[PDB]
Amino acid sequence: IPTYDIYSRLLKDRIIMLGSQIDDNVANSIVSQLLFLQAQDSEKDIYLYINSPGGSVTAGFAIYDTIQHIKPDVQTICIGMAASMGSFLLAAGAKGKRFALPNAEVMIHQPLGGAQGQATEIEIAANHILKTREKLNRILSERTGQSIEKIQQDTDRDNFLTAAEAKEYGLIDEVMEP
Amino acid sequence: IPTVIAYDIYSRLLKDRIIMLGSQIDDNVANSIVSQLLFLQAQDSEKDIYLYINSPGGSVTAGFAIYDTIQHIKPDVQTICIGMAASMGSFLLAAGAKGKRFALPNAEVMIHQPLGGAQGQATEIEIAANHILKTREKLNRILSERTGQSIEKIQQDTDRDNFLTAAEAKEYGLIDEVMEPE
Amino acid sequence: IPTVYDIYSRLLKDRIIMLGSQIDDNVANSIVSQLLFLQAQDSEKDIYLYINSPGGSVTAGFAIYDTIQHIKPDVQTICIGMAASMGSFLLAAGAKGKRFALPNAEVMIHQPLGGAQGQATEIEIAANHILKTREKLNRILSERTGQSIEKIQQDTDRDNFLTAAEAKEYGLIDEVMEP
Amino acid sequence: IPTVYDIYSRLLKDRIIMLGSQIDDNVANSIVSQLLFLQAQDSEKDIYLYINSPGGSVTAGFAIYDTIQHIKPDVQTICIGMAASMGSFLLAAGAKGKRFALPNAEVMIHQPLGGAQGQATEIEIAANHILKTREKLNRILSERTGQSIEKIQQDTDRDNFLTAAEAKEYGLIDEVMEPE
Amino acid sequence: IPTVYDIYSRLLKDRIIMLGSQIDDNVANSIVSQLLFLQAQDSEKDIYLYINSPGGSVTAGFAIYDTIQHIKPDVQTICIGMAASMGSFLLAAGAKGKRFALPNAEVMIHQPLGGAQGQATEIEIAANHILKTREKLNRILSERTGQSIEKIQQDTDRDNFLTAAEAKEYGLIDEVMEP
Amino acid sequence: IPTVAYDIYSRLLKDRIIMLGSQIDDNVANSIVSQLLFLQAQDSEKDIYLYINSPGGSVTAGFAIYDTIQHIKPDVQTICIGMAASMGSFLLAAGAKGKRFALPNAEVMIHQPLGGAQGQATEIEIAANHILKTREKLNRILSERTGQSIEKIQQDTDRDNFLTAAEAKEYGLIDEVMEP
Amino acid sequence: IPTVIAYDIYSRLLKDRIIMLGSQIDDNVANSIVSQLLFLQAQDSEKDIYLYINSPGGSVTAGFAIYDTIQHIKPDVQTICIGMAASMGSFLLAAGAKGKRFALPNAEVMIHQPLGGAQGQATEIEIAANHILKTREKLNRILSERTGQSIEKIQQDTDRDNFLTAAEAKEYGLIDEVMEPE
Amino acid sequence: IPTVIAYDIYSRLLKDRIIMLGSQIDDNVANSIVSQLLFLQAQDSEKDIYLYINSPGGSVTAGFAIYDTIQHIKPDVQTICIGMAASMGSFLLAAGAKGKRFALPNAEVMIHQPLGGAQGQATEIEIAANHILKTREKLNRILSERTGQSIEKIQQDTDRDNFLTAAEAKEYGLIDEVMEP
Amino acid sequence: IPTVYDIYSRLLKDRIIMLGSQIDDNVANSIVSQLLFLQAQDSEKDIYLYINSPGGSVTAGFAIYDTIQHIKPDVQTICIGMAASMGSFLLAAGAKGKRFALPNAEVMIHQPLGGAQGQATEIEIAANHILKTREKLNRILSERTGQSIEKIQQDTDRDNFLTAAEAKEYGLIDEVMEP
Ligand SMILES: *[B]([O])([O])[C]([C][C]([C])[C])[N]C(=O)[C]([C]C1=[C][C]=[C][C]=[C]1)[N]C(=O)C1=[C]N=[C][C]=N1
Ligand SMILES: *[B]([O])([O])[C]([C][C]([C])[C])[N]C(=O)[C]([C]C1=[C][C]=[C][C]=[C]1)[N]C(=O)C1=[C]N=[C][C]=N1
Ligand SMILES: *[B]([O])([O])[C]([C][C]([C])[C])[N]C(=O)[C]([C]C1=[C][C]=[C][C]=[C]1)[N]C(=O)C1=[C]N=[C][C]=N1
Ligand SMILES: *[B]([O])([O])[C]([C][C]([C])[C])[N]C(=O)[C]([C]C1=[C][C]=[C][C]=[C]1)[N]C(=O)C1=[C]N=[C][C]=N1
Ligand SMILES: *[B]([O])([O])[C]([C][C]([C])[C])[N]C(=O)[C]([C]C1=[C][C]=[C][C]=[C]1)[N]C(=O)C1=[C]N=[C][C]=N1
Ligand SMILES: *[B]([O])([O])[C]([C][C]([C])[C])[N]C(=O)[C]([C]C1=[C][C]=[C][C]=[C]1)[N]C(=O)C1=[C]N=[C][C]=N1
Ligand SMILES: *[B]([O])([O])[C]([C][C]([C])[C])[N]C(=O)[C]([C]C1=[C][C]=[C][C]=[C]1)[N]C(=O)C1=[C]N=[C][C]=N1
Ligand SMILES: *[B]([O])([O])[C]([C][C]([C])[C])[N]C(=O)[C]([C]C1=[C][C]=[C][C]=[C]1)[N]C(=O)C1=[C]N=[C][C]=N1
Ligand SMILES: *[B]([O])([O])[C]([C][C]([C])[C])[N]C(=O)[C]([C]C1=[C][C]=[C][C]=[C]1)[N]C(=O)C1=[C]N=[C][C]=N1
């Protein structure tokens, strides 16, 4: 905001700041930043700070798949709160390089959505959101080491975790101490 | 709206065992129709009742309050479609006493599958989808019994809005006769 | 609005029905109930249906139309002011020889209007339905006026305003009621 | 709103109809029904139509106009307050010799108003219709006032306010009713 | 709202009319109908018109004004609360000698208000009409109060509030009604 | 709306029939409670028939009805038509034992209470404790009325749970499916 | 949108012949994408262009502005689905250079039939219905050519919303490869 | 929105004599397109101009500001339909230099009669009706000149919305060539 | 909007001013500022004012009109699209011999529009003002076209649409610019 703006100045040092809800506009910007940083240097780590209430699942997967596709390691650092698709992206950082600050919060839960129309249309929408949850649970299981059954049970309702609990859960690797 | 020497016009027709269904079907309408049906049975459990239907449809459970009351009471309930019987309106038309389901010649009948909505967590959406799918299975089973068509044919024919003339509704089994002028 | 009965209830006692609004399911339900009541009171005496209406729902209009044709009494139709769209269709539906308009009353005919929203498949279903509805209206209007279906189709493509004398020449009414 | 009957129903018992609002289909249907009822009660006795109206729908006004001319009784018209637009047309439609205005009542005449939207072909249809409607109104008003159609056309091009005395000079009424 | 008849209908039985609202065409239609009804019942007995009104439409007020002057009975006018604008004009229109205000009633006089929109020619027509309406009001108020038209014009250029005693001095009423 | 002078519902009340056919709020409960009290005063022994087609509503309003049913001397039969959901299914289960019915295609739905809380953490805690105690109260009564364990009721009301009339009988929410 | 040593991030990617289509498709978006394609061809008529697609779809005519420009220009336009390619977005994904249409492993693809509206006289509704049906036939024919699926199968599979994984989109022929991590 | 170095993408294309119409046509759009056409004639009075058209149409008088400017200036203005050219958009497509009017293969063209509104006194509605009818006659006369169809055929073919494929638009005379790859 | 100058800034370098909107105070102050700037750059060279405008505020238009007459350079006016109301007034205000319209440009002339609300005295003031404003516009338009004031008054009573050829015949422009 102070004028580079401050975010452009941090991007020069390979730091991307996610500090909002995740929608297609945010995801397209984050993806473009990741591809640019890879083009600048395919070896150096990238740092993705996350303070986000979540957002669109498909927008989040644009970021997730780009993180996994590019050559650089992407460190993830939770400040404030990583909720919903934000906590999914926090867990998507390079293994060994996923962090939270000591008073940061992590929240996990199941996807939300809506369906309107004919019974046949509602069935299609329900099957899609159920398949999307299975996809999220399968990946979270791979990234945390927890069973798919445990992820399913633990996301049935809003589940708030301290930074220490998120490390225990396998969502992060370390609580970043001063 | 007008008054007869004092009854409003619908109260006057109710004295002759005629019930007019001429609106969307919601709980308020169903409560009134059920009450009229129970009242008419208490007055005379043998005489026929006449239910005129001009309705775009409405709530499935409100329609089933009327449907079940029709089947519970002793009097035959004749159904007469004027104008249009759509959605739950055509379901109630088909629910009239066998042999006593009618449509006037230019009345229209429309059948289709139920509509609804669901919002919230994936598990809540799944519960709502399962509920509306089961409701459709229930409606199709009854319509099959009342029309003679197979459940599979009902399912195919209600996937989208399906408009029938009075003559087509008779051929389908939704009514027994097209009422020709007296 | 005034009391004597309200004024419309007082006229109903003399077998007069006033259709003086847009035609919707509520209006059709009331008119059909009045027609059925009058037939039950006396199945031989004429009924008088005054029409001042901009039109309205086609299915609501057909509830009235089919009830007129079903009951035993002749239903005279009398246009005052304007009978447009489904209003002019009901005007033409009165007992043959007993369809009237006052000298400065206006009659308007046109094709049905509607809407469709959604998938291409759903728009196609809605279009086929409104087109079949137009064919149904045109066939009946042809029968009631003596005009060919082809002429009715041409003459309803756009709004077509008729004077009372032109409505008689067209076959929508039988007589212009003079003082 | 007072009860005696409400006050209007009580006056209707004495063959008086009160027009005190804009003229739309609901008002016209009521007035036509009152006129038909009064003729059925007695086809010989006069009816009195009081008019305080800003005007309204032309077709609704013609429902009233044609019913006045159709029925057997003379319909006296009495302007109180203001008879504007379709209201002044109905004032002039009273039985000749029995059209009145009170001394400070106002009369306004002007041409019809309307709207049109859509394709050029549709706008043309709507324009032709309102122009034919104006010709019809002007022709009848010429017959009822004795003024030429050309003068009626000129005098209604814009809002034209008349005193009661001016309305009598114009032929819209027959007499200014002075205090009894 | 209470019932005895509702309270106002009960007062009308004793020839009392209550004007307690803004004056519009609906109110004038009711007041005029009550005046005609009372004259038809008895053309000699006085009528009592209570006035608590902020004013309203000039033509609606003149419907009432001309009916008061037309009918045979004397119409006493009694201001309670406030008689403003067309309300004070109607107060002054009561039978001479029978116009009253209660001691703390307020009277306000001012010039007409209106609006005009459109072409210059239309604005000119509207301005001429409201100016001619103001001249008519001033001429009648001059006759009713005994004040010159020139004085009425000056005293109504802006809102002019009067006590009951001042209204009597002005000629708008004849007496302040004491207990 | 029709008249028999009685409206149709007043006419049914003469035969000890009460129709609950809307959402349950304080106004509806006030009306139902008053009808129950009136019927007891007319005849303290004869059965009352309460038809239920309701999506539910306020818990405290529902308990005004519930406690009145249990307080009065007459048995209250409950008859579900259409749908008895949420507090509606609670009241259906509250009818006199042996006299709780559903029509064959009527639906029953049970779930836990819903609410909201806003303000300071202390205020949110008070509101949360209140809705949890309210849920425990509902579940304890439903367990007594159905014969199901409290643990099963809690399990079966965690989310919306739709039951057919035959399933509602098997569950213990009603005693019989009313056949034609 | 951050700035780079001065470019905004998207202008910086355009320097390397990368176009980001990351919103609903309307005339404004199509004007921008078409102008970028024309500019890139003018810079170099031989080098590939990369079109990233994360779009819920949008206007069919706006999508065809982009589609026809992709086919008209000389460079191959690679298409890469990230996140979701739905409706006209999945149609443009399938429009990339054959062999150079990609989706990331967790990207979603959705296909369905066109949506629209019609209001007015019966003859106007008929004109609008005929137009949207002809538009659907055009989309299906091109999608058949681009995927290898029959027109009949496309019609069947787009009757309702049809969600596909990246792997299923490859089997369907909408893309050529699922891009696995580098 | 993207920048080329500094030009926005549309300014960079204008440097190569390309004008992009990609919106409804209102006075603001017409002011901009007229200004670009004047500027390009000032930069070079001989070289062709390329006007891409993807437009639902819009104001007739705004469209005529563009139309008259195309005919007035010395350079040939090529018109290229991408997406859709409807209503005044198809009128402008047909207004390009003869032999240099193009549509891409899946571009749509739609022709129809003008739309408008009128409110007020009968005399004002008559003035408004006469104006829109004269405007329709003007549009039909010019479209006849530019397509080679008779005025009577243009009138009949524009009574309702009339959608054409690119190939149908060429046969009609609205364009000269379907641009193939 | 096209930018490196925007396109309008580039045309201003060549002494071209583009009027392409309604005329309000913001537009007038921009146009006046451009005219004054151009005069300061070169007081001898012509200025070109393109006009496509539905009109607007009379006083804003007179800010432009008086500036055109005040500065030394000839201001050519060129109508493209439509010059209506104050737009056609400004079109007629260009240097004599240098007022143009393109062949399919339209010109519309009519009387001023406005509004007035409040006391009768206030409506009278507003009516007198718009009437004097119309007299001022007609007198200037008479001078710039050669038509009598009486003819201008008659021809602007309602909306009067003119082709470019008719506007030349009327005297609002000097030439229809052919290709
Ligand atoms: B969360 O709350 O951020 C969650 C992500 C996940 C890891 C549990 N996101 C969602 O549940 C979103 C909510 C949303 C709906 C609509 C617009 C934007 C965001 N859901 C989806 O993206 C969704 C919904 N239905 C089907 C598929 N995806
Ligand atoms: B119809 O359109 O009348 C139809 C009845 C038919 C298929 C026999 N009714 C419905 O589909 C209604 C629509 C509706 C929704 C919400 C409020 C009122 C009406 N559906 C339901 O009643 C419904 C929806 N979801 C689940 C169960 N029931
Ligand atoms: B008219 O204008 O009254 C006309 C009747 C005439 C052609 C004999 N009615 C309609 O066109 C109505 C308009 C309408 C739309 C929506 C609500 C109410 C009225 N159309 C229909 O009733 C209709 C019927 N079937 C299909 C589509 N529209
Ligand atoms: B007046 O102002 O009441 C006037 C009557 C006068 C000329 C004898 N009436 C109208 O101009 C009405 C206005 C109106 C429009 C819409 C709803 C209600 C009233 N005009 C018409 O009735 C009309 C308009 N266009 C065509 C035909 N009739
Ligand atoms: B007053 O404020 O009541 C006043 C009356 C008079 C005795 C000075 N009335 C008006 O000025 C009204 C205001 C108004 C009320 C309701 C509708 C419209 C206007 N003015 C008019 O009645 C009127 C009369 N002729 C022209 C314009 N306005
Ligand atoms: B149900 O949905 O009818 C249910 C009743 C129960 C037996 C499962 N009712 C509620 O959950 C209501 C919802 C409501 C909220 C606000 C106003 C009206 C109704 N809840 C309560 O009444 C409630 C909520 N919080 C605390 C106490 N009571
Ligand atoms: B999709 O949902 O994006 C779809 C494209 C197709 C490949 C399945 N687009 C549409 O269905 C659009 C929806 C829309 C409507 C209105 C404005 C913008 C977008 N339809 C159309 O573009 C359309 C509608 N009717 C006729 C022709 N084209
Ligand atoms: B079209 O749909 O773009 C069409 C152009 C023509 C070639 C058939 N445009 C119009 O019909 C416009 C529509 C419009 C109305 C109002 C504001 C903006 C656009 N009509 C006019 O420009 C018009 C309307 N009435 C009179 C004169 N011109
Ligand atoms: B026209 O429509 O541009 C016209 C000018 C013509 C007669 C040469 N202008 C006006 O009539 C404007 C309309 C307007 C009203 C309100 C805001 C903006 C524009 N009228 C006036 O500027 C005006 C001037 N004096 C008094 C009242 N109105």
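Chain naming here is simple, since letters A, B, ... match the order of the sequence lines and numbering starts at 1 in each. A restricted portion of the entry is shown here, and the contact count covers that portion and nothing more. Atoms within each ligand, like the ligands themselves, are counted from 1 in listed order. The analysis underlying the following values was restricted to heavy atoms, covering all of them including side chains, and did not include hydrogens, waters or symmetry mates.
- Counting heavy-atom pairs under 4.5 Å, the chain with the most contacts to ligand 6 is listed in the PDB entry as ATP-dependent Clp protease proteolytic subunit.
- The drug name recorded for ligand 6 is bortezomib (bound form).
- Other chains within heavy-atom reach of bortezomib (bound form, ligand 6), distance under 4.0 Å: F.
- Between F/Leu114 and bortezomib (bound form, ligand 6), at least one pair of N/O atoms sits closer than 3.5 Å.
- In this entry, the organism cited as the source of chain F is Staphylococcus epidermidis.
- For the pair F/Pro113 and bortezomib (bound form, ligand 6), the shortest N or O to N or O distance does not fall below 3.5 Å.
- The entry models a covalent bond from bortezomib (bound form, ligand 6) to F/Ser86 OG.
- By the 3.5 Å distance cut-off applied to N or O atoms, F/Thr134 is not counted among the residues near bortezomib (bound form, ligand 6).
- Heavy-atom proximity to F/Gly56, at under 4.0 Å, picks out these atoms of bortezomib (bound form, ligand 6): 3 (O).
- For bortezomib (bound form, ligand 6), the atoms closer than 4.0 angstrom to any heavy atom of F/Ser58 are 19 (C), 22 (O).
- An N or O contact shorter than 3.5 Å links F/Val59 to bortezomib (bound form, ligand 6) by distance.
- No N or O atom of F/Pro55 sits closer than 3.5 Å to an N or O atom of bortezomib (bound form, ligand 6).
- Residue F/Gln112 has at least one heavy-atom neighbour below 4.0 Å for each of these atoms of bortezomib (bound form, ligand 6): 8 (C).
- For bortezomib (bound form, ligand 6), the residues with heavy atoms nearer than 4.0 Å are F/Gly56, F/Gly57, F/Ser58, F/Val59, F/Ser86, F/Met87, F/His111, F/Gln112, F/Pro113, F/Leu114, F/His130, F/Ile131, F/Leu138.
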